[PDB]
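Structure (with tetrahydrocannabivarin).
Naming convention: chains lettered A, B, ... in sequence-line order (proteins, then strands); numbering from 1 in each chain. All ligand and atom numbering here is 1-based and tracks the order in the structure. A restricted portion of the entry is shown here, and the contact count covers that portion and nothing more. Structure method, as recorded: electron microscopy, 3.7 Å. Quick note: numbers below take in every heavy atom, side chains included, and nothing from hydrogens, waters or symmetry partners.
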Protein chains: 2
Amino acid sequence: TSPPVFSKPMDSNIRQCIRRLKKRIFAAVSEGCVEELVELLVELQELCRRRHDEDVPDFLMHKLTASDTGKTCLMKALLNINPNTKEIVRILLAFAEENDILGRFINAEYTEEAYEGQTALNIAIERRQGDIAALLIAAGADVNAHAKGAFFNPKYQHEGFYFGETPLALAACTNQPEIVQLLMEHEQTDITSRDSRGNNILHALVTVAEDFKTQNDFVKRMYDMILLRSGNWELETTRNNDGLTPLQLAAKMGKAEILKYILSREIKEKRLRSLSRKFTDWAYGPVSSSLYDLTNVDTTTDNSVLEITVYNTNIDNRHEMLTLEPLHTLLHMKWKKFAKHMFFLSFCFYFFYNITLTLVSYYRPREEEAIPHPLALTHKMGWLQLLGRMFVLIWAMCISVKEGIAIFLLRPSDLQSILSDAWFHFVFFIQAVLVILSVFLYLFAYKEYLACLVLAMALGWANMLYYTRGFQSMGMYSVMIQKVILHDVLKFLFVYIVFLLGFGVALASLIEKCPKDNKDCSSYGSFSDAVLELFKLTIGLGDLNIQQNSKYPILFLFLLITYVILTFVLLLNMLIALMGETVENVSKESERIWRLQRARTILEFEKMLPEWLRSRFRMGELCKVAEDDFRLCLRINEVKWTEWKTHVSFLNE
Amino acid sequence: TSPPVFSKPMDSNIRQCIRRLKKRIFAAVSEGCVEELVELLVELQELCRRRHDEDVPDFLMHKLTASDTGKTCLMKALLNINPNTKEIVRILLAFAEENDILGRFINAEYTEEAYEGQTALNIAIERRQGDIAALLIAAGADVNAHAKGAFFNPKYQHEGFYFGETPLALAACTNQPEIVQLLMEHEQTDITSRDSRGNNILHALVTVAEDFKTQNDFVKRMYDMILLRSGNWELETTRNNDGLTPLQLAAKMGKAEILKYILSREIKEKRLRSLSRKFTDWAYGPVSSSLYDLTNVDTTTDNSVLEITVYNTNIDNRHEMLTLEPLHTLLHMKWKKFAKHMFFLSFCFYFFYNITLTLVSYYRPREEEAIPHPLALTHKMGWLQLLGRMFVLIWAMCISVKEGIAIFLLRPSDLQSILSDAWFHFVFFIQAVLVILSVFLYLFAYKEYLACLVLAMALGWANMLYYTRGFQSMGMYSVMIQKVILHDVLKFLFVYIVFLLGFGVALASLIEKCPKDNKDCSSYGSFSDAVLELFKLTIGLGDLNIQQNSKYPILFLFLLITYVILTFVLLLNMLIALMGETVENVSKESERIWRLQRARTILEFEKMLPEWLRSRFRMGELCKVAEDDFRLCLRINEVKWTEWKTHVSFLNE
Ligand SMILES: CCCCCCCC/C=C/CCCCCCCC(=O)O[C@@H](COC(=O)CCCCCCCCCCCCCCC)COP(=O)([O-])OCC[N+](C)(C)C
Ligand SMILES: CCCCCCCC/C=C/CCCCCCCC(=O)O[C@@H](COC(=O)CCCCCCCCCCCCCCC)COP(=O)([O-])OCC[N+](C)(C)C
Ligand SMILES: CCCCCCCC/C=C/CCCCCCCC(=O)O[C@@H](COC(=O)CCCCCCCCCCCCCCC)COP(=O)([O-])OCC[N+](C)(C)C
Ligand SMILES: CCCCCCCC/C=C/CCCCCCCC(=O)O[C@@H](COC(=O)CCCCCCCCCCCCCCC)COP(=O)([O-])OCC[N+](C)(C)C
Ligand SMILES: CCCCCCCC/C=C\CCCCCCCC(=O)O[C@@H](COC(=O)CCCCCCCCCCCCCCC)COP(=O)([O-])OCC[N+](C)(C)C
Ligand SMILES: CCCCCCCC/C=C\CCCCCCCC(=O)O[C@@H](COC(=O)CCCCCCCCCCCCCCC)COP(=O)([O-])OCC[N+](C)(C)C
Ligand SMILES: CCCCCCCC/C=C\CCCCCCCC(=O)O[C@@H](COC(=O)CCCCCCCCCCCCCCC)COP(=O)([O-])OCC[N+](C)(C)C
Ligand SMILES: CCCCCCCC/C=C\CCCCCCCC(=O)O[C@@H](COC(=O)CCCCCCCCCCCCCCC)COP(=O)([O-])OCC[N+](C)(C)C
Ligand SMILES: CCCCCCCC/C=C\CCCCCCCC(=O)O[C@@H](COC(=O)CCCCCCCCCCCCCCC)COP(=O)([O-])OCC[N+](C)(C)C
Ligand SMILES: CCCCCCCC/C=C\CCCCCCCC(=O)O[C@@H](COC(=O)CCCCCCCCCCCCCCC)COP(=O)([O-])OCC[N+](C)(C)C
Ligand SMILES: CCCc1cc(O)c2c(c1)OC(C)(C)[C@@H]1CCC(C)=C[C@@H]21
Ligand SMILES: CCCc1cc(O)c2c(c1)OC(C)(C)[C@@H]1CCC(C)=C[C@@H]21
Ligand code: NA
């Protein structure tokens with residue numbers, strides 16, 4: 001989108017159009033001027049020794065610090081890498097040593113609010129200068145820095161560089177394993193240290209990964225190395241300010257590959273046997289067992305990876321994120337255990353509810369038809385009453401409440417994206433409200449119950465099409481009728497409704513008054529009649545040259561002909577082309593959308609259950625893995641024939 | 001297209017079917033006849049020494065020059081390269097030295113008007129003969145040649161070989177860097193020298209480049225080498241006879257890659273720091289700043305690169321030419337600064353104008369309907385008058401003038417290509433003229449104002465569809481409704497209008513006169529009625545066997561059936577197939593056309609502004625780059641995540 005905008009830049013080589021010794025020093029450090037550096041430092045020290053001792057450190061720092069932002073000559077030298085930067089770095093460090101300012105000088109930080117908190121080690125590590133990083137780390141550097149500020153903590157991507165506000169995080173995110181090892185070995189580096197939002201190095205690595213495989217073993221390898229060399233089950237347990245762990249964060253942001261690696265991370269090497277989650281039990285060829293860990297990947301605690309992966313619509317990579325067992329096996333087990341039967345019961349109850357509405361609407365023509373009303377509570381009807389009158393009115397509320405909650409909990413910015421069941425949550429609620437209001441209307445006198453009851457019946461019969469997601473083959477349609485009617489038949493109206501309006505008045509103006517023939521006498525009378533006739537022309541009912549027309553018959557005929565040739569073709573057969581394109585696009589992608597909707601329904605029904613039954617319908621055992629650990633489990637026996645065949649073919653040939 | 005045609009050819013090995021010593025010499029130089037060369041030259045010199053001195057040079061030149069075209073034996077020898085051309089070249093040069101004709105002989109030029117002005121050095125350089133080129137350059141050659149004539153200066157491509165009419169230009173355009181260096185080092189070669197149209201070597205290189213990347217670093221590398229070794233900011237400032245610089249010429253002709261290279265040419269090496277246009281300020285990973293130069297790339301002077309890139313329709317590579325910052329950033333800044341609000345104001349004013357027209361046309365049925373007229377100037381109506389009567393009539397003129405200018409400035413051969421906003425410039429003007437003429441008609445008496453007013457209202461309501469280019473999603477339709485109606489529903493009529501005419505008279509001929517039944521009595525009466533009934537059959541109203549038919553009922557029924565099966569299908573459902581193909585073709589290419597039209601609108605509105613506001617809405621600062629230069633600037637902070645990630649992955653692995 002639009003380029004981001006920042007305050008004063010870090011290093012401005014090209015001076016804009018908007019004290020001597022400091023500028024001399026900055027220019028000298030910018031390029032290779034070793035002799036100039038020596039002379040400038042000599043004269044600077046001679047000037048410095050002109051006053052009392054206590055002001056020597058402050059004066060030296062002020063002379064070597066740019067008051068505009070707080071930049072130090074060392075940072076300028078590091079930023080402008082030249083084939084002889086090492087010598088100037090050595091000279092500056094020695095000069096700092098002379099006056100005993102090897103401290104603050106090294107650990108200098110910006111002052112401008114944009115790049116606040118930066119330090120020399122960050123710049124040294126960024127520019128690949130590993131040797132300078134080692135020198136600074138040894139001498140006096142402070143690894144536990146925090147590069148806060150807008151530039152290092154943008155509101156979103158494409159507006160800054162977020163890496164973790166820590167030298168170790170920057171080294172890991174810029175693919176510098178050697179610097180990572182050097183920093184980790186140093187005792188001062190505390191690996192677990194949340195910086196700004198709440199993020200240990202693992203979260204920083206997760207939030208800069210790629211959404212798929214291109215060639216990058218970089219992020220995955222760095223994450224694995226950090227987790228291993230850490231040697232503790234602690235990094236993957238911390239939480240950020242929003243309360244997420246690296247696994248949950250990877251699931252939420254949509255980074256599929258880190259999630260895949262971390263769900264099934266196996267450590268064959270002995271003596272760890274605890275940071276893994278895929279304890280393999282036995283394997284005899286194609287058949288392979290496993291003991292995947294469900295400690296935080298089952299909808300129990302509050303925010304299991306499954307719920308975050310299913311109930312989020314920001315990303316569109318979810319189709320590959322639900323075949324990353326134990327997610328797939330969990331969904332299958334729930335579906336075959338407690339979610340299909342509830343789905344069928346809901347279908348049957350809704351169908352009988354609609355049939356009851358219709359049979360108390362038409363079969364009996366709502367009554368004897370004298371001065372009647374529907375169900376209400378009138379007794380003395382027996383069998384048809386206690387079922388017909390009650391079951392509807394009760395069950396209607398049972399919907400109005402449930403969906404009423406859903407719309408209340410609907411998050412607009414995310415859930416309004418269609419294909420997230422909102423288009424049905426609205427219609428169910430509208431139908432229930434219509435039935436309730438239909439009853440309440442006549443309940444006083446209000447003889448208008450009909451319109452509302454008929455609207456409710458029509459909406460209910462139309463919405464009963466929602467339940468076609470239970471069958472795989474006839475499940476795509478329920479998506480098309482949405483995707484089309486909000487992608488090709490809604491943006492199309494804003495075009496059509498122009499022409500129909502345009503010619504709607506035009507034709508209505510050429511007409512001439514003929515009250516003489518006892519009535520209208522002409523097909524195109526008022527605006528409404530002209531619009532209706534144009535619509536019937538668009539669908540096709542008939543036309544003819546209308547008499548009683550003034551200022552021309554030819555103009556009227558020409559206008560009608562051009563409307564017909566401009567709407568019945570070249571518009572309708574263009575909307576149809578767009579509709580065909582949309583159907584083709586959303587017909588190949590049938591498995592993904594259907595499976596996603598089935599998962600959403602399964603999770604919704606699982607939530608609907610009470611705590612008792614849900615506790616009964618748990619999955620897993622109490623695996624004892626390594627000498628202290630009791631973690632949940634899910635024994636899933638996988639079988640892979642093609643993979644085993646290709647492996648054995650390419651192995652022993 | 002058709003092959004080009006030239007006059008007498010350069011070298012005619014195969015004599016056509018349409019003095020001795022000259023032919024002997026030409027034949028000897030054609031192939032390897034060293035001994036023949038020696039003998040012929042000896043006898044030629046013996047003959048030459050038969051007369052006085054003053055005629056010796058002229059006689060020698062005449063004997064060694066072909067009067068038909070002016071070709072010299074040296075040029076013939078160079079054209080027919082043989083494994084022993086060096087020896088004959090040496091012999092001819094020595095012989096020229098003997099008689100002191102090492103001048104004119106070397107600098108010989110054609111006489112035929114087609115290949116006029118050519119010289120030996122051109123032929124030597126073309127044939128890869130670098131050594132011969134060096135020899136000629138050393139001895140007496142004239143580098144500052146001009147190879148004029150039709151063959152070297154064709155009216156367009158595929159009719160000649162245009163390279164710059166200069167040995168240096170030919171060497172650079174035939175990928176001969178060594179010869180280029182040899183010529184540049186020679187002091188006589190003046191690099192800046194416009195030849196025929198006005199072209200320094202840079203323009204010649206720009207006008208022979210490729211429109212995209214295939215493998216050719218050739219043209220770009222040669223351009224870079226010439227510009228660098230020139231070492232001055234002068235070549236990119238000259239102008240041709242049409243007043244364009246290499247940057248502008250590259251933009252106009254459509255060569256995208258040279259434009260891309262020259263907009264963002266960065267010279268890292270110090271001591272130049274002035275031929276660049278991308279002074280990079282700082283970079284800390286993905287985030288990168290820049291100081292792109294807008295000295296001649298902003299719509300200020302008269303013909304900035306932006307205007308030439310947007311307001312030209314000859315090429316169709318523009319879609320990649322508007323993502324070559326600072327063009328894209330300039331467009332974004334203008335759009336978010338002063339072009340969106342004007343667009344919305346125009347939309348609102350046009351919408352209210354159309355609604356006023358409609359409400360003074362229908363809502364009031366144009367009046368009490370006794371003997372009325374629309375707005376005119378009749379007073380004593382108050383609120384509805386001062387707005388209804390004035391705003392339209394005034395605003396109409398405000399359109400008729402503006403569009404009236406546009407059509408006047410419309411260049412036919414280029415702008416008539418549709419998708420260049422002509423299809424709307426015509427309709428707006430027609431609508432305004434119709435409103436004005438509608439008023440002026442009745443203004444005397446002329447009770448025909450209706451037809452014109454209704455036409456104006458219909459056209460205005462239809463054209464209000466123009467404003468759908470402001471929204472990205474609903475912006476394609478404004479292009480579909482043009483492409484389809486000028487590419488599939490216009491070439492289709494010339495077919496349909498045959499059948500409807502063909503059967504139009506045929507069916508009208510089998511009818512028989514029945515004035516006996518008080519009136520027509522038969523559906524297919526005159527030609528007009530038959531045509532109308534056939535059209536209604538095509539769209540669908542109804543049909544039946546018409547009585548009162550002579551010479552057969554069977555023939556009439558067969559003709560109608562074959563028309564229905566030949567038009568209602570196999571023609572309409574073929575136009576629909578073509579329409580679907582066009583919609584599919586122009587639906588994928590939605591971003592490009594919409595962005596191009598948005599850019600055109602932005603530039604048009606920018607032009608519309610007065611000098612004051614435009615001066616207020618400038619962009620850039622007064623960058624001071626290298627020691628003398630004050631040039632405009634545009635600080636654009638770019639961010640590239642994927643590029644940085646792939647670079648770092650492939651760099652330190
Ligand atoms: C008698 C007359 C009155 C009758 C009244 C009865 C009703 C008559 C009804 C009439 C409407 C009929 C047409 C419906 C469709 C039109 C488009 C639309 O609705 O949304 C569009 C605008 O996108 C949005 O997100 C809109 C959100 C609106 C609601 C926001 C609620 C926020 C507060 C919280 C809620 C508070 C509680 C609210 C409930 C109390 C959707 O388009 P999109 O976003 O581009 O979709 C993405 C599609 N894609 C993913 C394929 C790309
Ligand atoms: C959501 C998508 C679908 C939309 C709906 C579907 C498409 C469109 C709708 C279709 C339904 C059928 C037609 C409409 C209903 C009839 C009444 C009506 O509306 O118009 C009435 C008046 O209005 C006009 O005459 C309109 C004049 C031209 C359009 C003006 C638009 C701006 C309105 C003004 C803005 C001012 C702003 C001022 C600013 C300074 C018609 O008068 P009538 O002839 O007496 O009525 C018929 C009576 N009869 C039949 C008994 C004889
Ligand atoms: C009551 C009866 C009378 C009514 C009268 C009222 C009007 C009635 C109207 C009737 C016409 C209705 C049909 C319109 C479309 C037909 C085709 C067409 O017009 O151009 C076609 C011919 O291509 C051209 O370029 C034609 C240019 C013509 C104008 C030249 C003006 C030159 C002088 C300067 C101007 C001087 C001032 C002029 C103004 C004063 C366009 O086809 P194309 O070129 O192949 O298009 C490329 C498409 N592509 C890029 C997708 C491939
Ligand atoms: C731009 C694209 C769209 C084009 C328009 C749409 C498609 C075509 C048009 C449709 C509109 C409706 C029909 C036309 C209008 C009616 C009048 C008419 O034109 O014909 C009249 C005469 O002409 C004929 O009878 C024509 C004979 C056959 C075609 C001859 C073509 C050459 C013309 C000659 C060249 C000579 C060259 C000589 C060289 C040596 C018909 O006579 P009529 O029956 O008395 O009229 C009806 C009267 N009534 C209804 C009151 C009874
Ligand atoms: C006869 C008809 C009468 C009514 C006419 C009503 C007309 C007025 C309606 C609305 C006023 C809107 C004003 C704000 C938007 C300005 C344009 C804009 O921002 O476009 C954006 C694209 O936009 C999209 O990509 C959106 C895609 C969906 C468009 C749906 C249009 C539906 C029309 C009905 C909607 C209303 C529904 C309710 C109607 C009652 C791009 O612009 P940007 O983001 O600013 O660009 C900066 C960033 N960028 C350069 C990187 C892109
Ligand atoms: C023998 C093998 C057994 C295997 C395991 C069996 C399953 C597990 C055990 C039991 C099933 C689940 C028990 C808890 C029910 C909680 C309420 C509930 O689910 O409400 C829901 C369903 O509506 C009902 O369930 C109606 C209430 C009674 C359900 C139990 C019937 C008796 C058990 C009969 C058991 C045998 C059944 C035999 C025939 C299949 C409400 O949904 P809704 O109102 O439609 O939602 C409206 C909004 N929406 C449409 C957008 C979603
Ligand atoms: C207004 C209307 C009134 C009537 C409404 C009647 C409605 C009731 C009709 C039938 C009840 C069926 C109950 C059992 C099936 C449950 C779902 C199921 O199993 O789906 C399976 C997919 O299914 C397919 O892939 C089938 C594809 C063809 C579907 C055709 C539907 C025709 C509808 C008419 C049919 C009846 C014809 C006769 C009608 C008189 C998948 O489920 P699974 O296999 O259990 O999943 C485990 C394995 N898996 C996860 C790996 C996949
Ligand atoms: C093939 C597809 C092409 C593309 C689509 C094209 C779509 C075109 C859309 C719309 C145009 C179609 C015609 C609409 C008007 C016809 C009725 C009329 O004119 O008058 C009638 C209504 O008169 C009124 O004043 C009430 C109008 C209420 C709105 C009715 C349309 C709502 C459509 C909402 C659609 C939402 C759909 C959402 C889901 C998609 C009655 O007036 P009358 O006739 O004089 O009768 C006398 C009775 N009276 C005295 C009581 C007045
Ligand atoms: C607070 C933040 C401000 C940000 C910057 C604001 C913008 C910059 C500042 C100012 C806007 C530009 C000023 C110069 C206008 C020159 C004339 C001109 O543009 O004519 C054009 C528009 O028509 C008009 O502009 C009508 C004349 C009055 C415009 C100014 C209104 C008062 C300022 C209100 C300011 C607040 C507005 C608030 C609501 C948006 C004529 O176009 P047309 O006739 O349609 O063209 C016909 C042909 N065509 C259709 C093929 C093209
Ligand atoms: C589905 C699509 C298929 C493909 C397309 C197929 C297209 C086919 C095209 C055309 C053929 C369609 C039929 C046209 C004629 C019908 C009227 C007639 O015959 O007579 C009438 C006109 O009589 C005249 O003499 C005036 C004719 C003026 C031209 C009218 C058509 C202009 C179409 C321009 C279209 C431009 C479109 C540009 C944008 C696209 C009246 O005669 P009558 O009936 O005897 O009534 C008695 C009245 N009278 C006494 C006053 C005479
Ligand atoms: C089948 C796909 C889901 C669905 C269900 C509906 O109830 C309706 C649907 C779509 O489309 C709209 C909103 C245009 C209908 C309006 C009126 C009625 C009678 C029903 C509405
Ligand atoms: C919507 C695309 C732009 C557009 C605008 C128009 O005004 C018209 C358009 C197209 O098509 C033609 C020229 C066939 C129409 C003729 C008659 C009328 C009433 C309008 C004409
Ligand atoms: Na098709």
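The ligands or chains that make up tetrahydrocannabivarin in this structure: ligands 11 and 12. Within the structure, the other chains placing a heavy atom under 4.0 Å from tetrahydrocannabivarin (ligand 12) are, by letter, A, B.
Of the transmembrane segments UniProt lists for chain B, counted from the N terminus, those with a heavy atom under 4.0 Å from tetrahydrocannabivarin (ligand 12) are 3, 4, 5.
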